[PDB]
Amino acid sequence: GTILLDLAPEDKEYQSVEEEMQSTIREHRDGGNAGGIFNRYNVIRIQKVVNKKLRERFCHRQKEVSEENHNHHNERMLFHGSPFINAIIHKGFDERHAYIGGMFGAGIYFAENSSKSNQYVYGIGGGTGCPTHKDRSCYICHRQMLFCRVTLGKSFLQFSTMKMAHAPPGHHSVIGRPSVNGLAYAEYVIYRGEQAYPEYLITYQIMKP
Ligand SMILES: C[C@]1(c2nc3cccc(C(N)=O)c3[nH]2)CCCN1
Ligand SMILES: [Zn+2]
């Protein structure tokens, strides 16, 4: 199954992932209630997720989407936060765990901003926070998030709630675009687990300002 390769802090690949993560911290409307109060992370390690079977499923789907999208799979690197990160790195993303109540329905959701994904690391609205101290703004406990290859293909642009079970006809993803009366930041949604690969596993802490 899955093998985790350690990236060295001196390598360009580690430094690239960390800078995407650190540079995309945004101020959130909840004033940090969900993800905590911070302006920076302390990155503990960065591992590359290797899984032959998961990679094969992802690459086959990229070929199918490409055939339906003028020979482009339209891949983006995006963040994902979830309390089920262990299941994802071993079994892959799974749309069967997605439920229809989400803003864009039963999809798998990603963000270009790491601080958005940091809000979901411990669950719904940050849940009860870290397992040891029950603190959503814990500065001690190691959190984990993924920085994923996401196959978007033909994206359907959406501004308001649209509870879908699958991608809209003739499309492969939904992009929830920001709007004055809606989202502050874009969110990217897929409806098939094989349209995302959990490429990097980031272990980190949020830092006290
Ligand atoms: C609220 C919801 C969610 N919306 C997101 C928007 C951007 C990123 C993420 C993430 N997990 O990194 C999101 N997760 C709907 C599905 C379960 N959690
Ligand atoms: Zn803690």
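Residue numbers count from 1 along this sequence. We use all heavy atoms of the structure for the numbers below, so side chains are in, but hydrogens, waters and symmetry mates are not. Every number for a ligand or one of its atoms is a count from 1 in the order of the listing.
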K.L.:
Report the name of the drug found at ligand 1, as recorded in the PDB.
P.N.:
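PDB records name it veliparib.
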K.L.:
By the name used in the PDB entry, which chain has the largest number of heavy-atom pairs within 4.5 Å of veliparib?
P.N.:
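The chain with the most contacts is Poly [ADP-ribose] polymerase.
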K.L.:
What residues sit within 4.0 Å of veliparib, counting only heavy atoms?
P.N.:
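Non-hydrogen contacts come from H80, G81, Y109, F110, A111, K116, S117, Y120, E187.
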K.L.:
Quick one: look up the protein heavy atom nearest atom 17 (C) of veliparib and list residue, atom name and how far away it is.
P.N.:
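The closest one turns out to be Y109 CD1, 4.8 Å.
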K.L.:
At what distance is the nearest protein heavy atom to atom 2 (C) of veliparib, and which residue and atom is it?
P.N.:
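Atom 2 (C) of veliparib sits closest to the protein heavy atom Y120 CE2, 4.2 Å.
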K.L.:
Where, in terms of UniProt domains, do most residues of chain A that contact veliparib sit?
P.N.:
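The majority map to UniProt domain PARP catalytic.
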K.L.:
Using distance alone, decide if veliparib has a nitrogen or oxygen within less than 3.5 Å of any nitrogen or oxygen in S117.
P.N.:
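Yes, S117 has an N/O under 3.5 Å of an N/O on veliparib.
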K.L.:
At a 4.0 Å threshold, what atoms of veliparib neighbour a non-hydrogen atom of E187?
P.N.:
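Close to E187: 6 (C).
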K.L.:
Nearest protein heavy-atom contact for atom 11 (N) of veliparib: which residue, which atom, what distance?
P.N.:
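So the nearest neighbour among protein heavy atoms is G81 O, 2.8 Å.
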K.L.:
Do any other ligands or ions come closer than 4.0 Å to veliparib?
P.N.:
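That would be none.
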